[PDB]
Each structure stands twice: as structure tokens, then as C-alpha cells.
Amino acid sequence: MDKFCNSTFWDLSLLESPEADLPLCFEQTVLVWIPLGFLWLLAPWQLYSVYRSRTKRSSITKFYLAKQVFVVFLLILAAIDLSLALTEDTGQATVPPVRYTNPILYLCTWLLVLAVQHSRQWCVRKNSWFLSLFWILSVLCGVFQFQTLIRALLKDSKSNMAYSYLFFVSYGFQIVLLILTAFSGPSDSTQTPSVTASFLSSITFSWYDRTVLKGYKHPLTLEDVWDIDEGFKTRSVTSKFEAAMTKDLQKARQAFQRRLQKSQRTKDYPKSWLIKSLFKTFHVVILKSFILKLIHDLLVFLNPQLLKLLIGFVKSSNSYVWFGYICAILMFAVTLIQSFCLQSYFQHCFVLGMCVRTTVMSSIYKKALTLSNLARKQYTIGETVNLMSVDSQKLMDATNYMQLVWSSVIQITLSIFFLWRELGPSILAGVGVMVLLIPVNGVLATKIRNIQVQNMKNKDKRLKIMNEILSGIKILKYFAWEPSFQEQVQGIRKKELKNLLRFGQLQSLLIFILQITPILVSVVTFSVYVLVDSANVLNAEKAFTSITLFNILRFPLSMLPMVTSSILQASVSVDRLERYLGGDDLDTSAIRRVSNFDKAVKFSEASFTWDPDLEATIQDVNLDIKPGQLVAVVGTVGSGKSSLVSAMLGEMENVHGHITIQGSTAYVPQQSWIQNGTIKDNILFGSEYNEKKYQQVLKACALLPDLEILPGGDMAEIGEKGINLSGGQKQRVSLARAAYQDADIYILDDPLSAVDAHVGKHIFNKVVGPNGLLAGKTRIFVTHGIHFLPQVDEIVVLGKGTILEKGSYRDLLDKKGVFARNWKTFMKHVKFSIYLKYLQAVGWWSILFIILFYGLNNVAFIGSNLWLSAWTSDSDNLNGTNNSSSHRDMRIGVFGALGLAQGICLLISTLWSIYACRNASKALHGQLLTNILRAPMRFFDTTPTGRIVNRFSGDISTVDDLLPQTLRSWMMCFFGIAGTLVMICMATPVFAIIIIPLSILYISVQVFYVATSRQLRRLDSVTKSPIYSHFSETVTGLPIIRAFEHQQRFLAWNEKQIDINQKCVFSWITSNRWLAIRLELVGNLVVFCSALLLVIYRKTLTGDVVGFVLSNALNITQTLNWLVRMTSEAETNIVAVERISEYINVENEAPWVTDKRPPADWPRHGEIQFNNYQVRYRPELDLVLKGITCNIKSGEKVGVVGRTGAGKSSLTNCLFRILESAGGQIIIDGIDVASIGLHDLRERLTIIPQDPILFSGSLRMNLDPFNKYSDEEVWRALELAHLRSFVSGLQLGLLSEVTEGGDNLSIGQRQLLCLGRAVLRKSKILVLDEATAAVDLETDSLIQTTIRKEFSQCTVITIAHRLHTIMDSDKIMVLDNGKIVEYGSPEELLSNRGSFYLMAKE
Ligand SMILES: CC(C)CCC[C@@H](C)[C@H]1CC[C@H]2[C@@H]3CC=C4C[C@@H](OC(=O)CCC(=O)O)CC[C@]4(C)[C@H]3CC[C@]12C
Ligand SMILES: CCCN(CCC)S(=O)(=O)c1ccc(C(=O)O)cc1
Ligand SMILES: CCCN(CCC)S(=O)(=O)c1ccc(C(=O)O)cc1
């Protein structure tokens, strides 16, 4: 052990000296076999694994050649070393055996290295963990020999120069080899760099650099985010989940069947298989993350020990200089290793969470396409979309939290043990305090969650009322109702503000508890430890290692209740998900899709039922249809024709009797379903584009005139936003899609509901007629009209869920029996300006005082640490300072006082912040709501309603929820950083200089991160939204998809969308880890520079200063990273204030009241005069009304029907001053609208909208929200509207609840209510507007009679497009191209040489 080197093996005497150097024998002994030992103990395994499983990949690039060249240079160097050693035999007496046995080992090990490097070419990771770790170990274990040789040669020791020079060259080449191994290999551009990067890069996430640079120069486009590897793509993980889930689902299903049969001898579903299956399918990543976290946790408790060693070294005045530096270097190395481990664990955990969300969403979709009818009925579209949107996120969060709920326990236990070893059994006081603080955290978390749910509900109701307000802003501005509809939502917002303030107070309390736990624990533990006994003393090692352990334990202590609460929530979410997935699949035994048969349709005594709990809807049926034969099944309402079609599709359950169907089928229902996108893609429906067939199906249907009518043309847009296509157009496009799909059989279910006579007849003749495009294709038609009955070739009559007889129209006219009576019954007819705006909303005094009080908190904290330093120092002297109860009591009291001052200052800061942010949100929403209203109608016409609704929902929610927390967190992080830096610089002022470059470095990283992160965030928001929406689109129209047999196409599309979102979210996760590695390196650099400065100045500052400098420099590693992430979040969610301020500054119309007031009756019950008028719908675009002048007398029923131009509809808009009059004005009995107010004039003028809309709520304020009319007057008003009967049958009174939809307040009721409102307005000027011919004639007759009998004395306008109801007008006005050429009564109009206008009487 010593004879083989001819030198001293171990000698601690050299170490125990100011200039210490390790013995050369041990140095060439152990520091040489350690890297070679690591290499030779694993090289066979790596070589075998690579050579056994390998492809034919092989290339020779610059890197492979360079690494091989340098390794053979190492080979040559070891060879010449051996040559020199053997030659020196005659130089000396007997060379030591080491001098000539090391070169042989180096030769063999470099041959092994050459083989390893060559073998790596087969694999895909060129520089894997083995080689990089070997190089790192070699460099680290050789730096000792390098320094020893250089130190020996330094002191003029001219001995064996050649060997030293050769070792220097070999070490330099090893350094360059490690440098090369760090670099990522050249890329094949067929895989994402995450899988082809070198081990050091994959550890340090430097392979992301390119993307970040790509984000800084130009905005990131969805094509610039690298794809994910095939491991995480939704198809692969979903297949793995299904494989590992089928067995568990079968076991749970059999157990559920056994339980049900035992109970019987709906709330029970096969459960407790989702968690088992997910764990079984992800156990590998679960284990990798668990081991990585365990290593990091065992590695996080080395920093306090190193700090204790450093304090002990500085305290001793005879300590060796060569120490201390070793402690600082070790602290840097441990922090680096721990940061690498932690970030890799985070990447593993987050990617596992994202994969869990992917597999759950994809399994949801795959189940939605085969769910049985009953299970589909048990849910709803909104609820199921919410399930996929929310429960999957809950499961992802639970996955992220499960790997941490155990690491927190390990960290707490180890930290408790180490605190015990430091401070004796007196840490139980700290244990008690910080355990009593845990149920408080749990309770606060639960209360916060409940208040958040209540806030969500209130925000939903506010969104609903806001959307209703914005949809019908037209009539709202017409009737001058803005103050009332503003006050209602103002009250709702006040209630939401109260709830939000409560939530903010609870969050502030929770964060105050988290921030004050370490201070309270420190005070209590130190006080109890000193007071419990006089023997034990508090020195700088115990106190500051204990503070470091308290800081280590603060987070996992406060992250237990949150994780627990989230786990108990995900429990219910998992139960819901596995209740959905466990529902049985739909049955296909009855409906057999036989490949080849006769007539393609056979009803083998089928008996289908909507619900087994009820009587069979249809039973004992028998019908066969020849191929190519049109069948028009008809019957009474509710007979079961729609039920018959559903049974044909197989969307219903049956008791007995199978149905045999052959060939492909197409189907169109009465309720047409339209996907999001283009009309073209709707028509193709995933089939190949064919211009000929496309043109044919446009010609066959009525779509070309509609397409030319459409604004966007063939592409245009439809769905979601769309253009609000009419029902007839939807039916037409669905019929066209069915025709294009060219199936063998067609199932038409009332596709001509909102279709006129001639157009529907043409469509039938050209599509489903004898000469239609589907002559060779059989069709089963459901119809209600009689025009198409003569064209049927096989008509079946359906009654009470049972067919009666078959036949054709010839049978109809021949039998004169059942068919005759049936037919007879049938036809009977950013920049700082935005931050300034938000802060000004907050209030400058409030932010000034918040900043001042947080600064006072940090000053108190620095004072507390200085006092602890002095308290620990007083033990070293022991020259009368101690051994007195007064001194110890004063120390304890002042320490407690400083802790209390810090606590109350921080609490005052946070409470003031909460109140200021609440006030700011209130003011911002008030301003935005006030200014959106009273805005001119042009702004509403241009901007879509969805845009303003999103501005009121999402941006206001951001401003009220995520902006205060982000700004407070930024201030917290920044003042933590400033306190720590000004407390490190208080000991060694030289450190101030190192702030100059470090900050610059930090700044650089931040900039790059921001310039990418924003974009990634945006990309996520752009791609997450479609998935959910598509799910709705594929779950509302499930019968259509099942009929067309296009299931796999929809499944593939959903998988594609999931992958497109997955790549964005994965790139975001990696960007977070990239920034975290960089900034944890910056914080670690801060702690290492501080430790080096403390060691250098060890002869000036005592050990207590080292303790309180390092114990806080160790806490800065994460604060920098979180400061940058909070800066990025503040930049991301400040755009809400930007948009709100953009919408506040919108233009406003004429003011409410312009000083001058009208008399008691502004209309003066008299005439009106139109002077020279020059008015356009929007300014300087195109004048509409030009060169018109007229005078309408009192009580005149003046009607105007000009032409098809917009000039017909302009007058009303010009009568309420909605359109500003550029030329002339309007005189009404000497009263000019120009020189008078606006809202007062609109309030006392009436108008019937052409498209009236309803306001949600009651019926009293939907009629008169101002409540300025007595209930008797309102009742009389409905009495002339004869709506008294409807409300009397409904909830009696004026305050009956009303809502949208046809359930309540049907179209006739709506028209009656509008007429009543108009007649009770009681203004002498009446303006009408009619645009729809679908209104019932009785309603028109009654409103005309009541107008003529009540409003005859009042002037009326009657803007009516129809001609058959205007001859009764007293006067008729005609306006052409914006000009009037005639004036007089209808008799005078027809007196002009005979029908000179409105000639067309039909
Ligand atoms: C992305 C989601 C998970 C939001 C995460 C919130 C964190 C980014 C915020 C919330 C609480 C903040 C922490 C709360 C307390 C502090 C104490 C601070 O150290 C001190 O100030 C000493 C204690 C004292 O001053 O009394 C270091 C920053 C830190 C960890 C803050 C860093 C940023 C945190 C973790
Ligand atoms: C929602 C997860 C909660 N966590 C558990 C992770 C295993 S977490 O520890 O608090 C954390 C850490 C780091 C980041 C980040 O870098 O964005 C986010 C969250
Ligand atoms: C949400 C905050 C996340 N951080 C805490 C900052 C105070 S963190 O630095 O990223 C971190 C650190 C350590 C552990 C662990 O030990 O499990 C987890 C997360």
C-alpha cells in the first residue's frame, strides 16, 4: 500500500500548516483511481447496452473527429510518459512502481474511452451522462495534482520538469475535452433538441437558448415552437392509458355488478380505477421524480452545516487560511448541484402533469363518441365541456402536488432533527408554534376557496346582465334607460366588490402568516432556549444555523395545507371523471350495418323505446323500402315520425326486433348543426374538394344567391361568432352537405321548416325529386306539407307510434279508405403610461405609504438581524456583560420588540395594499361602465359585442384579482432583495462593486425571458380555447356525426388540436426552467462572492457577522427568480388596464342636458319641420339625407315608403338626434333639437323597434325601469294591449318574472308588450318600424286599431317596408336617393297621371 509508491501515503501534518499540500503518493493514488474507477466500473454496461440495441445510424462530423483526435493525443501523451519513465531507469537507482504503472492504466483507460466515444455514435444522444460525468470527475480530481505540481515548481524546485510539463499538457487537453463534451452535438433536424442535447446542456437547459433568442428578435409564431417527441403525443399516451386501464376498469365493473346484484337480492358506478390506472401507466416518471426529489432534499441540508463550519472557521483566530476557501467553494458546488437536481425534478413533474391532463382529455373525447344514450342524457353540453375544461386541470394539479406532499414531510422531519441537534430539546417551542399555525393555514385556504367560488358565481351573473345590456343597447339608447341599467349592474358590482375585499383580506392574512412564521419561531425558540437553563449559551453557530434551518423549513411547512386541500378537491373531481368514463357504451345489436343485403332497409318487427321506464314509443312495425325509392313518411304531430327517424339512426333503445341496414347513410335533422369555420368546410365535411360536384350542389339548392348575399363569400365565416345565419340557410347548407356526402341512403327530417313555397319546391325538384340529383339514391323523407305528396312513390302513414299501411299516391286516390281519411285530415290548414394610469387609479398617497411602510418593515428586519448578531457576540466576551439576568432579559425583550415591529409594519403595508387595490378596481370599473354607455351608436356598430363583453369580463376580473396580487408580490420580492443586498454590503463594502456586473447579468436574463414568455402565454391562450369549443361542437351534434360515420376523422382532429396545445405548454414549462437555472445561478453567485469576501476579510470581522451575512445570502437564491417571474406576470396582465383605459377614452355623443331645459311639454302637441338636412350614418363617409325640407302637421298619420335604400331607416335615427345633423336642424313648434339637451328628449319620445328584444328579470322594470308610472296606469296600459289575460294566467301582478326564449313572453306577447309601452309613453310624436312579415296578422290588426283609436291625435311616422298597409295613411311621403320629390295625400299621389309611384300592387 506504500511500497508501490516509495513515498508517504497519508500525512495529516502537511495539512496542519498554513501552506498545506496533499502527499504526492495519495494524490496519484486516490485522485487517480477515482475517475478511472468510475469509468471502468460502468463502461462494459454502457457498451453492451449501446451495441445490443442500435440502428444503422452512423456519421462522422467535426465533433466526433475532434474528440477522437484529442483522445488519441491523450494516448500519445501517456505513451511518451511511459517512455520517459522507462528511460529514466538509468537516471536514478530505482524508480517508484507508480511512475511506470500509472501509464499502463492510462493507456488502457484511454483505449476504453476511444471505444466508448465511438460506440456513442449509434445512440441518439452523442454526449450522454457517462462521458460528461467522467470528464467532470477527472478535472475535479486532477486540479489537486495540477496545483501541487505548479506550487512545487513555483519555489525554484528544478526537478523532473518534463513530467510536470507533460501533466500540464494532459490536463489542458482534458479541460478542452470536457469543454467539447459540454456542447450539444450537431442536430439531425428530425427530433426536438430536448432529446438530442448533451448531458450538460440537458441538465442546464441551454438547448432552449435558440428559442429564447428567436423570441427576442421577432415575435414567436406557432410554427416557431418546437414539436414534442412521440412519447408525449396524445395518441401514444392515450393508447398506453387504455392498455393499462382496461384491466382495472373490467375489475371495477365486475365488482360493481356483484355489488348491484347483492343489493338487489343509479348513483353506483364502477369506481376506484382512474388513480390506479394513471399510476400504473406513469410509474416510471413517478419513480424518477421521486428519486430526484429525495436526492435534492437530502442535499438541501448541507448548506447549514457548511455555514456552521464557516462561522467556526472565522471565529478561531489560529485557523488555517487554506480552509474557508474550501468551505466557500463547497457551498457554491452544493448549491449548483442542488439547483440542477431541483429544476430537473420540476421539469419531470410538470411534464407528467401535462401528460395526465392530455390523456384525461383525450379519453373524455374518445368516450363522448361512444357514450350510450342514457348516459348522454344524464349530462349536458355545458356541464360536459366544463368537465373536460376543469376536472382535467384539477387532476393535473393533483399530479403536481402528490410528488410534493411527501417531500414536504421528509424535509420537515429532517429539519426538525437538525434543529434538535443544534438547540437541544428546546426546539419543541418552535414545533408547537409552527404546528398550531398549520390548521390556521388549512382553514384560511378552505375559506379562500369558498369565497372564490362565490365570486365566480357573482361574476357569472354580472356577465349575463352585461351581455343582455350590450345585445339590446339599440332600444336602450332609444328609450333613455342608461341610468337604470347602469345602476343595477353598479349594485351587482358593489356586492361583488364586498366579496372581493373579503377574499383579499383572507389572502393577505395567509401571506402575513407565511411571512411571520419564521420570525415568530425564531423569537420563541431562542427565548425558550436561553431561559430554560443558565448552562446553555447562544453562540453564533447555534443561532444562525438554526435560522437557516427555520428558513429551509418555512416553505414545506406552509405548503402542506394547500396541497392537502387541493388533493381533497381532486378526489371529487376524479370521482366525477371515473363516473363518466365508466358508463356503458351504446348498443349496436339492433341496428346492423350489413355489408350486402336486399333493399338496404328491413324492419324485422322492431320495437324501439325512448326510455325503458315508459311505454314503448314504437312497436310491432314492419316496413321494407326498395333501393332508389323515395319514401315520405307522414303523420300527426307527436305520432313518432321523428321517433321513427331516430330509431332508424339507432339513437334509441329497443326491446326486441332488429333492423337490417346496408350501405353508407346520410342524415339531416330539423335542427341543423353548424360547425365553427367556413361554409365551404361545412359542405365538404372532410371529403375531398370537387369543383364539379360542388357547383352541382350549389345549383341544386338555393345557395348561390345566398352566397352572393353573404358578405364574406364562399369562405366567409360561420359558427361561434359567425354572421348569425338564418334557420332556412342552415337547413339549406345541411341539405347541401347531405347531398355532397353522396351516401346510398338519405334520412331527411323536416329540412324545409323555415323555407318558402317556391324555393322549397325547387330544392325538392332539383335534389329529392324524380329528376333530382339523388335519383339513384333512396331517401326517407319526413314532411308536413301537401305540395310534395303527389310526387311520393311510397308513402307510409304513421299513427300513435305504429304504421298503418303502405302505398303510393295512386293507392291514396284508389283505396278511398284509410289513406283517403288520412289525407283529408292532413291538408286541413408595456409602456410606462399604462402603469401610470393604473397607479393613478390606485392613488399616489396610498402607494407612497405602502412603499414607506414596507421599507420600515425591512429596516426593522435588518435591525433584528443586527441585534441577533450582537446577542450572539456577547457570549464570546463573558467579561461581565453576561451572567446577569438584566442583560439576558434585555436581549430577549429587544429581540421580541424588533420582531413585533417587523410584523405590524408588514401587516399595515399589506392591509393598505388590499384597500388601495380594491378602490382602484372600483374606480376603473365605474369609469369604464359610465363611458361605454352614452357612447355614440357608431362605436357599437363598428366594435363587435363579443369584444366589449370580453373586455368587461376578463379584463375587469384580471384588474380585480390578479393585478393586486402580482404587484404586491413584486414589491415583496424587490424589498427582500434590497434588504439582503444592503445587509451583505453592510459587512463587506467591497461587495457593492460586484453589484454592478451581477445586476447587468440579471437584467439581461430578465429581458430575454420576458420577450419570450409573453408570446408563449399568448400562444397558449390562442390554442387552449379551440379544443373545448370543438368538444362542444362534437357533443351537440353527435347524432349527425354518428350517422355520417365520420368518427375517426373527428377523433384525429381532436388529437391534433391537443398536440398543438401541448407543444406550446411544454415550451412554456421549459422556458420557466431555463430562467430558473439562470437566476438560481445568479443568486448562488451572490452567496459565493459574499462567502469569499468574508473569508478574505477574516481578520477584521467576527464570526457573528459571517453568520448573519451568510444566513440571509442563502435565502436570495429563489427571490431573484420569483422577482423576474412576477415582473413578467405584471407585464402580461397589465394589458387589462390598457384595454380598459382605451375603451374609457372613446368618443361621447352630445351631453345629457346642455344647461337649457325644455318647457313642461317639449313636443307642444304640435307640428314638426324638416329644414335643409345633410346627415350621414357615420361622419364623412356618404351623405344619406340631403336636400330635404318638409312640414308635418299636428295629428297627421304621415307615412313614408321611399325605396329599398337606407334613407327609409334614417329618419328615425335623425328624430332622436342619434345622428348629428351637419346641415340645418329640426324645428318642432319653434323648439330646435340642436339647442336643447339629449336624454330628456329621448325620454319623452316613443318608438316601436323593428326587432324588439327582451331584458331579463321582471315585467315591471322591463316595461318601466324608472318606476315613474303608477301600477294602475300600467295595468290600464296592458288593458288596451289586452295582455292582462296572459299575466293573470301567469304569476298575477306587475312584477312577474320574465326571461329570454320561447318558454315565456312569446313573440305575440313581446309585440303586445312593446305596443303597450309605446302607448303609455304618451308623446305626441309616434315613430314605427316594421321589417318582418312573419308577424301574425291579428297582432297587426289590433295594434293598428289601437293606434288609430288612441294615437290618432298624435303624429305618427310608420316606417314600413310592406306596401299593403300604407294606403290608409292620411299622408304619404316618398324619399328617393336621399331626396324628396313629392308631398301630399295618397289620393294626390295617385292623382299624378295615374300610379306614377308604387305601381306594383302585388
Ligand atoms: C406561480 C404561482 C404559484 C404564484 C407563486 C407565488 C410566489 C411567486 C410569491 C407568493 C409569496 C411570495 C414569497 C413570500 C415571502 C418571501 C420572503 C422573502 O424573504 C424575506 O423577506 C424575509 C422574511 C421577512 O421579510 O420577514 C423572500 C421572497 C418570498 C419567498 C416571496 C417570494 C415570491 C412568493 C413566493
Ligand atoms: C402548481 C405546482 C405547485 N408546486 C409543486 C411543484 C412540484 S410549487 O413547488 O409550489 C412550484 C414551483 C415552481 C413553479 C414554477 O417554476 O413556475 C411553480 C410551482
Ligand atoms: C411557489 C414557490 C416555489 N418556490 C418557493 C420559493 C419560496 S421554489 O423555490 O421554486 C421551491 C423550493 C423548494 C421546494 C421543495 O423543497 O419542495 C419547492 C419549491
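We number chain A the same way the PDB entry does; the residues here are 1-265, 298-861, 958-1530, in that order. Order of listing sets the numbers, starting from 1, for every ligand and every atom in it. So how was this one determined? The header says electron microscopy, 3.5 Å.
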**Request:** Report, by its name in UniProt, the chain making the most contacts with ligand 2.
**Result:** ATP-binding cassette sub-family C member 2
**Asked** Under what name is the drug at ligand 2 recorded?
**Response** probenecid
**Request:** State the binding site of probenecid (ligand 2) (non-hydrogen atoms, cut-off 4.0 Å).
**Result:** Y377, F378, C381, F382, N432, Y433, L436, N1200, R1201, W1250, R1253
**Prompt:** Which organism is chain A attributed to in the entry?
**Reply:** Rattus norvegicus
**Prompt:** Which transmembrane segments of chain A are near probenecid (ligand 2), taking near to mean a heavy atom under 4.0 Å and numbering the segments from the N terminus as in UniProt?
**Reply:** 7, 8, 17
